[PDB]
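Beneath this line is the structure, given in structure tokens, with notes to follow.
In what follows, chains are A, B, ... by sequence order, proteins preceding strands, each numbered from 1. Note that ligands are numbered from 1 as they come in the structure, with each ligand's atoms numbered from 1 the same way. As a textbook-style caveat: the illustration shows part of the entry, and contacts are counted within that part alone.
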Amino acid sequence: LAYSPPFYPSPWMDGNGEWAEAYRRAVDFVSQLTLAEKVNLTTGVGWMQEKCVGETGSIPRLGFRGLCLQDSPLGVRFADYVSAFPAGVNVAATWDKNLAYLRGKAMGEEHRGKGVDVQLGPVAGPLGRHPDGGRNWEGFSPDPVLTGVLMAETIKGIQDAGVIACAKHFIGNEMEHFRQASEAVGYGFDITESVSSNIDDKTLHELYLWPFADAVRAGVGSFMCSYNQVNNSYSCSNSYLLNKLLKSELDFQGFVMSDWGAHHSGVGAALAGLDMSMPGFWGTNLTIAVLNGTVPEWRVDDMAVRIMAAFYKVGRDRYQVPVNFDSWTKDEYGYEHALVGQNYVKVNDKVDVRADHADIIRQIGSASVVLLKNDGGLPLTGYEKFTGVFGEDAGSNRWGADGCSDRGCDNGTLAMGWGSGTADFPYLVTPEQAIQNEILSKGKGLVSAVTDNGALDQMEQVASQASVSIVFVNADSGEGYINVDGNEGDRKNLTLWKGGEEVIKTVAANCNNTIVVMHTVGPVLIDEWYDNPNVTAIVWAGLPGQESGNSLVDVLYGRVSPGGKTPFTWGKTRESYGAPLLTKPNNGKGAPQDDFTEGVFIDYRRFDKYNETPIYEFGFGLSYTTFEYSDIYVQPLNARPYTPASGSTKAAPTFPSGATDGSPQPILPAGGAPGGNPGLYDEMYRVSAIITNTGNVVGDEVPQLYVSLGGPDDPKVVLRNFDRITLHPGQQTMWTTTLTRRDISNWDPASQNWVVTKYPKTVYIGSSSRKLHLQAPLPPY
Amino acid sequence: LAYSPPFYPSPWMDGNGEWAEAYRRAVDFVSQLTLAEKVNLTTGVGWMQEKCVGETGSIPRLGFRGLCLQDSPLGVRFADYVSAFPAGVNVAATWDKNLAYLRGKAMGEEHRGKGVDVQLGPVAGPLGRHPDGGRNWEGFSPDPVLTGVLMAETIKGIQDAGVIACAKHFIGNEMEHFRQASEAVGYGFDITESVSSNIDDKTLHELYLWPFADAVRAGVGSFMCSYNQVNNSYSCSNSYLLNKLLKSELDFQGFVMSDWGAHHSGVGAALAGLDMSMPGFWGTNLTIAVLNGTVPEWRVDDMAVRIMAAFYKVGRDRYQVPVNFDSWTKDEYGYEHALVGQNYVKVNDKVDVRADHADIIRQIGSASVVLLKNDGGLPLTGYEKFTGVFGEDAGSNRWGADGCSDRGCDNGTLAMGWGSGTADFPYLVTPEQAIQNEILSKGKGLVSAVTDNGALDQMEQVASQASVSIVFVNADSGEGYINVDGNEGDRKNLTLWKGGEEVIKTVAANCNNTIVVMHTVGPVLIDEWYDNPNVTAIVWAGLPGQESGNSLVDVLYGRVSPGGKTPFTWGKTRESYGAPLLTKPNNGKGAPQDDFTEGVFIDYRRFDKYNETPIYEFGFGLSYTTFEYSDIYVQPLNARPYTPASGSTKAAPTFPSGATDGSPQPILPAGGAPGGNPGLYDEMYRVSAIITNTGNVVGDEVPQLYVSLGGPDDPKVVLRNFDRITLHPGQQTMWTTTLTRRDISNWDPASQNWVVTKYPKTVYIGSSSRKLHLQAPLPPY
Amino acid sequence: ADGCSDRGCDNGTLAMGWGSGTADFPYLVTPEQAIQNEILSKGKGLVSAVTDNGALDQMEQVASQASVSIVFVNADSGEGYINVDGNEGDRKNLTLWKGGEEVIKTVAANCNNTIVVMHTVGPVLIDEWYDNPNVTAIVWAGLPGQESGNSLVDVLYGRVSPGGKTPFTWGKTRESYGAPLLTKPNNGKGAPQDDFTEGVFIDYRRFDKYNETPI
Ligand SMILES: OC[C@H]1NC[C@H](O)[C@@H](O)[C@@H]1O
Ligand SMILES: OC[C@H]1NC[C@H](O)[C@@H](O)[C@@H]1O
Ligand SMILES: [Mg+2]
Ligand SMILES: [Mg+2]
Ligand SMILES: [Mg+2]
Ligand SMILES: [Mg+2]
Ligand SMILES: [Mg+2]
Ligand SMILES: [Mg+2]
């Protein structure tokens with residue numbers, strides 16, 4: 001069985017650089033506390049005991065209320081008068097740092113307005129190892145660079161708004177199956193331990209860890225360790241994960257909380273790098289552990305100062321307001337127990353925090369539309385003589401937009417997946433609604449919407465008469481505690497839901513101008529219809545949130561040229577992506593064993609390795625205009641030689657082998673600063689090229705920079721940079737980026753550091769992972 | 001708030017009388033044990049941690065395995081190759097002590113064959129305060145005497161078969177709403193404590209406690225304390241309930257276990273009279289409590305000896321075999337964790353324990369059929385030209401007989417309610433099947449079954465052609481953790497399910513020979529159709545178990561004359577019964593307060609008090625013959641005057657004020673032996689009457705003896721005795737019974753004893769609570 | 001049993017097709033009834049009937065425990081004036097109705113002694129499951145009328161040795177049988193022209209001519 005080596009002691013904050021101010025204030029505060037008050041900060045109050053999804057204990061003596069931790073990565077969960085933003089996968093499809101930032105800011109503002117201290121997001125774990133992973137849509141992309149950059153931008157947005165962000169789930173939670181034993185038992189599996197993700201040191205560094213490094217370096221205040229095990233040690237008590245990788249190598253200065261009820265070795269977890277136990281036994285044991293000397297004073301002191309450092313870093317001291325909503329009821333008032341009797345208190349103030357956020361939600365919606373096919377289908381005018389609209393995915397949730405708890409259904413148009421990664425729609429504009437509005441405001445031609453996928457007679461009837469037929473199909477997934485139609489979080493197949501395929505086939509048989517719109521959490525198998533000549537255009541629109549219908553028609557009717565690029569591969573078969581989900585226990589009653597044998601070869605890397613042609617490759621997307629690439633240039637920057645980190649920490653302040661050692665510790669070679677050794681981010685080359693709009697309308701292009709690292713075990717190409725640029729007809733721009741040392745390095749387990757290998761590297765600039773228009777050598781030096 | 005006075009110390013065993021052999025052996029065994037081993041007997045192993053619904057810790061040092069505790073009151077829950085017996089309410093409808101005993105024996109045999117040590121049943125709580133109480137069907141009758149008698153017979157049957165019986169639930173668990181806070185929260189209620197049943201001392205003694213007294217006197221080995229509070233103290237740590245009423249007044253010698261996760265004050269519960277914590281912290285705390293002196297050594301010794309006494313009393317030492325099934329899977333084999341790695345062990349031996357138990361199931365089915373109306377409808381011959389069968393309740397569960405987990409649905413014929421009070425059908429004979437068999441083996445007339453309650457066109461079609469139309473309707477309920485169609489355990493109304501009333505109305509409109517069969521957990525409202533002249537007969541058949549169809553047709557086609565009497569009242573309205581369920585919290589976030597303000601006036605007592613005429617009164621049932629009552633005679637027996645119990649207990653042996661007092665204790669005036677002061681069971685009068693069969697077929701009569709206690713706050717009549725008697729045409733019998741002192745006494749709170757008041761008492765013998773054919777004074781002495 | 005006019009449905013056990021070629025059942029003995037009668041009159045072992053083709057979980061649950069699993073599938077057709085599920089008299093395909101194929105596959109995956117009973121108006125395509133080793137027997141019972149259940153169990157339980165022979169061919173594909181039904185007009189608004197170009201080569205004559213091996 002795979003084994004996770006120990007690493008102790010648990011690193012304490014250094015509070016260097018951009019954390020110095022926050023460290024100073026945290027020390028000043030924690031210095032004043034008793035042991036009990038310190039432990040209060042690390043202790044969850046219990047499941048559903050207060051107002052927020054999680055809360056810490058209070059310190060009333062100083063007028064410090066418990067921290068409020070609230071879902072989700074795409075909005076304020078449970079609360080009323082909030083916005084429902086597009087999912088993370090949509091953000092990925094924008095390839096737009098700026099939009100990612102603005103979404104973070106808007107979300108952060110909403111959390112702030114409700115009195116939330118910590119937003120439980122964003123997500124880089126799952127990364128997206130499997131196409132059928134249940135929660136991938138909450139994250140960004142299987143690509144570590146695209147995910148990492150947008151993760152970082154999102155975090156900066158949330159935290160600039162004055163709310164602590166939380167990078168989750170750390171790490172290796174690439175599927176929902178067997179994430180928690182209790183949950184697995186509920187689905188009829190006999191296991192007593194969570195699945196072990198078995199991941200080697202190189203795969204972690206070059207794939208799954210990379211975006212979390214970006215999150216650390218972006219100044220993220222907190223981390224959440226995952227339900228699963230890594231190398232047969234639960235994440236929340238995995239010393240290699242938290243102590244070595246996170247707090248030494250990546251030099252994370254913030255605090256680590258557990259996922260809710262995530263299994264850890266109790267007090268032992270604190271020694272292994274856990275700082276906060278959620279949702280809440282731990283408190284009194286940690287107290288006793290300190291008193292009897294199993295847990296050092298310096299450790300609890302560091303747990304407290306990490307929590308308070310995050311608090312001060314984002315300016316909670318300035319922006320905190322009372323929690324003015326309740327997660328567990330919409331009632332205005334409720335009862336609370338007191339020392340004697342009960343108090344009737346106000347619990348929901350109905351504070352409207354939505355502001356103008358509908359604008360950015362509509363914008364990201366439109367920006368996340370990916371045009372996959374266009375044989376003269378798009379754009380539409382609104383002066384079509386007869387528009388047919390087809391599919392339940394065009395219509396309303398008959399139970400109300402928020403009629404399914406945690407969005408745990410596929411009623412009507414899909415604009416959000418299910419589970420904890422949700423928020424309530426203040427309203428939801430359907431495609432049916434937006435399209436009828438478009439028509440009735442313009443040409444006022446005929447329009448009919450058949451939103452029952454079983455009504456194939458009517459679809460035939462209407463499609464036979466249509467100038468254009470707009471077909472809507474979806475595929476849903478989410479968190480493992482919800483099972484929809486045999487999908488236990490993870491998708492049981494890559495098929496369109498509710499007979500979407502038959503809808504497409506029926507409509508295309510009767511209308512030679514059929515447009516297909518896919519709202520899917522990830523890829524589906526489209527091989528049987530995508531190349532149908534009656535299908536004149538195909539778009540993926542993902543999970544667009546409250547403005548779905550409006551953001552879509554903006555694109556379909558040509559107000560916005562589609563400029564999204566698919567953030568994952570569209571393969572011919574499920575086998576194209578690699579091995580199935582592990583959905584059958586393979587270690588008897590023990591932890592299922594999930595070997596990440598493919599290494600870095602997930603999504604497009606896999607397709608590239610096996611020389612398999614995807615239907616639509618990673619980074620592919622069409623436009624209403626054309627773009628031309630020319631004149632690549634590589635400028636060596638003659639960076640200083642990489643220096644491994646050296647020296648030692650200071651001794652652990654007070655305000656298992658090594659677990660209680662508070663003496664100065666050696667700095668790891670690849671460590672030294674948040675996100676790793678600073679030399680890793682030295683700029684090595686400047687690469688530039690000219691992009692021109694050679695067509696007849698304004699549009700966005702996503703130029704992409706790929707690197708061939710050149711080794712026998714390296715992917716043919718890996719994404720290293722990208723931007724989204726608006727170009728008017730005949731407009732040119734110089735696209736210029738830099739490659740860092742990290743960008744051209746490989747992880748070396750032997751030396752425990754990033755190395756630039758001797759193999760010749762090649763840089764490519766193109767419009768997709770396969771459309772590599774330009775290339776040049778990276779000259780060694 | 002209602003208050004529960006303390007009563008300490010927790011009484012230790014006497015081990016006199018029927019318990020002497022058991023106590024001696026229990027002492028000998030426990031004398032050999034360490035503290036840890038003693039505590040192990042009191043500790044559950046944890047939810048789903050072994051094979052049985054509950055298991056105690058083991059004493060491997062003496063090769064003594066953990067006890068196996070298994071549901072249910074009507075069979076062996078979860079296990080394969082077992083029988084599904086008729087529900088307790090059907091037993092009540094038989095009014096047949098012998099049948100109650102034989103059912104207990106058959107159930108005990110099946111538990112025994114599976115290796116079960118404790119059968120978690122039978123049920124006298126709920127008694128049946130509300131007609132819409134979800135779990136009433138698990139018990140017997142709202143009448144305490146009918147329930148007490150049949151409860152005792154059931155217990156004797158189980159324990160004679162060599163299994164420990166468990167009287168549950170003690171006490172006041174008369175509805176499912178708010179029984180457990182976690183469950184209430186799941187239904188959207190904000191409470192942190194279970195409902196409090198607020199019951200006065202007199203009401204407890206004269207109603208709810210009465211059948212439990214019978215259980216004690218019958219020698220039941222164990223009790224289960226309930227989820228709810230009584231006078232704002234959880235049953236499982238209610239010292240008044242457990243120490244005073246159960247273990248002092250009723251002098252119970254066996255052990256008390258908690259309901260599964262029933263709240264109690266931990267170590268405090270032990271001092272208040274709890275002996276066993278299920279399903280299982282307690283072990284550690286109890287060990288610590290003994291070492292530090294907070295729990296006396298004599299208490300833990302008493303806990304252990306009570307458990308072992310129950311074990312020896314029924315002869316578990318003789319009859320114990322290994323547990324040969326698994327509650328949690330039907331798989332033959334399963335992996336188990338070892339010291340090193342894992343083992344693959346046999347978990348299910350598929351031991352067939354059904355024997356010939358199908359016979360007693362068919363018999364009790366037939367005996368529990370109550371004929372409520374017959375204007376020339378029944379019996380049938382099987383030579384009818386055209387038989388129509390109508391209603392989903394005639395047909396099959398389309399998901400298989402065991403297709404709904406815990407029977408949590410109303411698919412097809414209703415033969416069992418839902419929740420823990422269940423067992424898997426080995427097969428299920430439906431009315432549809434049995435009726436078609438009857439016809440096709442006899443006259444071979446036409447027969448059609450319309451088993452879709454929505455297919456009213458077809459019902460008209462068939463009914464208008466039929467010689468006879470047999471209509472099937474049901475109403476279901478169960479434990480609160482299952483919600484079927486908005487019925488949160490408790491019934492949301494007293495309507496027939498699935499449009500049953502419309503089925504009846506449709507068929508009766510088209511067929512002037514309509515027979516209605518009701519399979520209901522309790523009463524439903526029948527005011528709109530019972531008196532329809534086209535309805536020529538009505539039967540209630542309840543929940544008959546696996547032989548439903550066969551037991552029914554035996555009655556319908558005249559092989560068995562119906563002899564059951566309804567064990568509850570059929571009122572015109574819900575309001576007829578009294579006040580609604582408490583289904584809305586009335587103490588803010590605290591324990592809802594459920595005041596039993598009606599006192600002893602439930603079911604027929606309420607109807608009698610308020611002069612509400614029932615449609616069908618308690619104790620009412622028809623026959624295929626007729627019976628005549630004559631010649632009542634009362635013989636005073638000149639019993640010894642009642643002596644209040646006095647004297648002391650032994651000092652507590654070793655092997656809150658007064659909680660640690662192990663000194664001799666005063667015997668309570670109404671205590672002194674199991675079931676109460678033995679003088680209470682002195683026979684005061686002998687009463688006889690003559691019953692004659694004046695009709696033309698053999699049949700059973702259930703003569704009933706009622707007493708008027710004569711006070712202004714006494715019920716007009718209370719049941720005190722009954723029998724079921726077979727009489728051939730023209731045959732007479734002298735029915736002779738005795739009234740005990742208890743039978744003619746009232747509970748006096750001031751003196752804490754049963755008293756015979758000076759109010760004149762009358763005895764009645766008749767065929768129902770309303771059909772009081774004979775009466776005589778009870779002359780005082 | 002007679003709940004659908006002219007038997008114009010596929011509710012429950014199929015013992016008669018639809019249209020004018022019908023009569024009213026005086027009663028209908030189902031396989032469910034006959035099999036339960038057989039067991040409860042003999043060994044009195046366990047018996048359960050899952051008769052909802054969508055209840056696949058329950059089918060796995062029960063098939064897992066069974067000594068023998070007896071699976072019932074059907075396919076219906078009739079006169080043109082009745083349309084059932086898009087079958088305008090003629091069958092729109094040769095598939096088992098109501099997901100019968102998925103019933104077979106589910107049961108066979110959980111029980112290595114699965115018996116399949118087919119009540120079909122004619123051949124269906126069985127290529128995907130007939131050769132499944134967990135399917136230990138296959139019978140065609142057709143449309144047996146009022147005694148369906150009883151006539152079946154007489155054979156299943158060995159009172160009568162089966163001696164019937166299939167009166168039509170079971171092919172691998174629909175194409176095996178030759179050209180499709182003419183289901184769209186080919187003479188404008190006038191009489192559709194249905195040319196019997198295959199001549200005498202229908203059913204087994206066709207298979208033999210083109211050297212196609214029947215199942
Ligand atoms: O709801 C709280 C918590 N539940 C568990 C989920 O895995 C996590 O993402 C979420 O934040
Ligand atoms: O299933 C065990 C236990 N659960 C709770 C029920 O109230 C009780 O009757 C049953 O015995
Ligand atoms: Mg609250
Ligand atoms: Mg804003
Ligand atoms: Mg550091
Ligand atoms: Mg087990
Ligand atoms: Mg027997
Ligand atoms: Mg005593």
Task: Drug at ligand 2 - done: 1-deoxynojirimycin
Task: Chief binding partner for 1-deoxynojirimycin (ligand 2) by contacts (from the PDB entry) - done: beta-glucosidase
TODO: Return the chain letters whose heavy atoms come under 4.0 Å from 1-deoxynojirimycin (ligand 2), other chains only.
DONE: B
- [ ] May I ask you to list the atoms of 1-deoxynojirimycin (ligand 2) that are less than 4.0 angstrom from any heavy atom of B/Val53?
- [x] 1 (O), 2 (C)
- [ ] Please work out whether any backbone atom (N, CA, C, O) or any side-chain heavy atom from C-beta onward of B/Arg135 is under 4.0 Å from 1-deoxynojirimycin (ligand 2), and answer side chain, backbone, both or neither.
- [x] side chain
Open item on the list: Using a 4.0 Å cut-off to any heavy atom of B/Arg77, which atoms of 1-deoxynojirimycin (ligand 2) qualify?
Closed with: 1 (O)
- [ ] Run the numbers for me: atoms of 1-deoxynojirimycin (ligand 2), each under 4.0 Å from some heavy atom of B/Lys168, listed by number.
- [x] 8 (C), 9 (O), 10 (C), 11 (O)
- [ ] Could you check atom 5 (C) of 1-deoxynojirimycin (ligand 2) against the protein and tell me its nearest heavy-atom contact, residue, atom and distance included?
- [x] B/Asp259 OD1, 3.0 Å
TODO: Please indicate whether any nitrogen or oxygen in B/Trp260 is less than 3.5 Å from any nitrogen or oxygen in 1-deoxynojirimycin (ligand 2).
DONE: no
TODO: Please report which non-hydrogen protein atom sits nearest to atom 10 (C) of 1-deoxynojirimycin (ligand 2), along with the residue it belongs to and the distance in Å to one decimal place.
DONE: B/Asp71 OD1, 3.4 Å
Open item on the list: Contact between 1-deoxynojirimycin (ligand 2) and B/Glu138 is defined here as a heavy atom of the residue under 4.0 Å from a ligand atom; is it met?
Closed with: no
Task: B/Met224: numbered 1-deoxynojirimycin (ligand 2) atoms lying under 4.0 Å from its heavy atoms - done: 11 (O)
Task: atom 9 (O) of 1-deoxynojirimycin (ligand 2): the protein heavy-atom neighbour that sits closest, reported with distance to 0.1 Å - done: B/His169 NE2, 2.7 Å
Task: Atoms of 1-deoxynojirimycin (ligand 2) close to B/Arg179 [distance to a heavy atom under 4.0 angstrom, numbered from 1] - done: 7 (O)
Open item on the list: I'd like to check which 1-deoxynojirimycin (ligand 2) atoms, numbered from 1 as shown, lie under 4.0 Å from a non-hydrogen atom of B/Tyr227.
Closed with: 5 (C), 7 (O)
Open item on the list: Help me out: which other ligands and ions are under 4.0 Å from 1-deoxynojirimycin (ligand 2)?
Closed with: none
Open item on the list: If the cut-off is 4.0 Å to any non-hydrogen atom of B/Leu120, which atoms of 1-deoxynojirimycin (ligand 2) fall inside it?
Closed with: 11 (O)
Open item on the list: Test of understanding: given a 4.0 Å heavy-atom threshold, classify the contact between B/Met278 and 1-deoxynojirimycin (ligand 2) as side chain, backbone, both, or neither.
Closed with: neither
Task: Non-hydrogen contacts within 4.0 Å of 1-deoxynojirimycin (ligand 2) - done: B/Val53, B/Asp71, B/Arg77, B/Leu120, B/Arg135, B/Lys168, B/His169, B/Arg179, B/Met224, B/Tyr227, B/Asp259, B/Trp260, B/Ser420, B/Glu479
